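Quick note on labels: first sequence line is chain A, next is B, and so on, each numbered from 1. In each ligand, atom 1 is the first atom listed, and ligand 1 is the first ligand listed. In what follows, every heavy atom counts, from backbone to side chain, and hydrogens, waters and symmetry copies are set aside.
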Number of protein chains: 2
Amino acid sequence: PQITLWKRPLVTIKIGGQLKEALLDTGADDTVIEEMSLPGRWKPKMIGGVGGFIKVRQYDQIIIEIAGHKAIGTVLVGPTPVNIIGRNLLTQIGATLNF
Amino acid sequence: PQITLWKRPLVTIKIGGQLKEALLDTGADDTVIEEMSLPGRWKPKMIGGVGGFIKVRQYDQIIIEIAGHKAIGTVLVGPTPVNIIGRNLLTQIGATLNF
Ligand SMILES: CC(C)CN(C[C@@H](O)[C@H](Cc1ccccc1)NC(=O)O[C@H]1CO[C@H]2OCC[C@H]21)S(=O)(=O)c1ccc(N)cc1
Ligand SMILES: [Cl-]
Ligand SMILES: [Cl-]
Ligand code: NA
């Protein structure tokens with residue numbers, strides 16, 4: 001698809017068998033999702049945005065469908081205000097910015 | 001141009017007579033620049049992201065040149081850790097996400 005930016009670029013994702021809404025975010029290095037259960041071990045990480053930093057849980061090699069495209073990669077879990085698909089998984093689905 | 005997302009999508013902008021580097025950020029509703037002077041009226045605003053909220057000055061009808069493309073709109077000025085070009089100006093340069 002070609003997604004314009006007049007509204008938020010929200011898509012459906014599927015993770016752990018559950019559908020969620022997430023933002024395609026070229027300003028995010030990292031995918032970060034709201035609190036949920038994921039399999040395996042996690043590692044600590046801090047991520048910093050406009051209001052400061054938060055602690056998140058880093059899960060690696062997580063299966064996640066994004067707008068119907070399959071990705072397998074790192075998902076951060078923590079008190080983000082919105083689910084965000086960052087560049088680590090945008091590259092897996094072949095996304096580019098065009099103007 | 002077509003900008004891949006292996007690295008942060010940074011571009012050169014011109015704003016208020018000044019050249020700056022800024023992030024093309026589809027996850028940002030609004031454009032937010034580090035502290036600088038801009039002419040004209042402003043009003044205070046709070047914007048929230050990961051980490052919480054910051055207080056900014058909202059300047060309307062500001063012209064910015066973004067990687068060679070002129071646009072006008074609202075620019076928020078405050079203690080953002082990174083200069084961010086948000087959707088309000090991305091739309092004006094015809095930026096899309098494609099995959
Ligand atoms: C500020 C950026 C350099 C980094 N952010 C991504 C950014 O796109 C967020 C993503 C985002 C979106 C909604 C809520 C929180 C964060 N947008 C944002 O802060 O935009 C603000 C300006 O316009 C407003 O519209 C959205 C909030 C305001 S971030 O959310 O802090 C973040 C940082 C690191 C990772 N790995 C993932 C996300
Ligand atoms: Cl605007
Ligand atoms: Cl358009
Ligand atoms: Na103005």
- Name the main binding partner of ligand 1 here according to the PDB entry. POL polyprotein
- Which drug name is given for ligand 1 in the PDB records? darunavir
- Message: Can you tell me which other chains reach within 4.0 Å of darunavir (ligand 1)? Heavy atoms only, strictly under.
- Response: A, B
- Task: Looking only at protein heavy atoms, identify the closest one to atom 14 (C) of darunavir (ligand 1) and say how far it is in Å.
- Result: A:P81 CB, 3.9 Å
- Message: How far is atom 11 (C) of darunavir (ligand 1) from the closest protein heavy atom, and which atom is that?
- Response: A:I84 CD1, 3.8 Å
- Query: Got the closest protein heavy atom to atom 38 (C) of darunavir (ligand 1), with its distance?
  - Reply: A:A28 CB, 3.6 Å
- Could you check atom 19 (O) of darunavir (ligand 1) against the protein and tell me its nearest heavy-atom contact, residue, atom and distance included? A:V50 CG2, 3.4 Å
- Item | The one among B:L23, B:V32, A:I47 that brings a heavy atom closest to atom 32 (C) of darunavir (ligand 1) | A:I47
- Protein heavy atom at shortest distance from atom 23 (O) of darunavir (ligand 1): B:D29 N, 3.1 Å
- Item | Protein heavy atom at shortest distance from atom 6 (C) of darunavir (ligand 1) | A:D25 OD2, 3.1 Å
- Message: On a heavy-atom basis, I'd like to know which of A:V56, A:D30, B:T31 is closest to atom 36 (N) of darunavir (ligand 1).
- Response: A:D30
- Query: Where is the nearest protein heavy atom to atom 12 (C) of darunavir (ligand 1): which residue, which atom, and how far?
  - Reply: B:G27 O, 3.5 Å
- Message: Would B:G49 count as a polar contact of darunavir (ligand 1), with the cut-off being nitrogen or oxygen pairs under 3.5 Å?
- Response: no
- Task: Using non-hydrogen atoms of the residue, decide whether A:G48 is closer than 4.0 angstrom to darunavir (ligand 1).
- Result: yes
- Provide the binding site of darunavir (ligand 1) at 4.0 Å, counting non-hydrogen atoms only. A:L23, A:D25, A:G27, A:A28, A:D29, A:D30, A:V32, A:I47, A:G48, A:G49, A:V50, A:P81, A:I84, B:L23, B:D25, B:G27, B:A28, B:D29, B:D30, B:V32, B:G48, B:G49, B:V50, B:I84
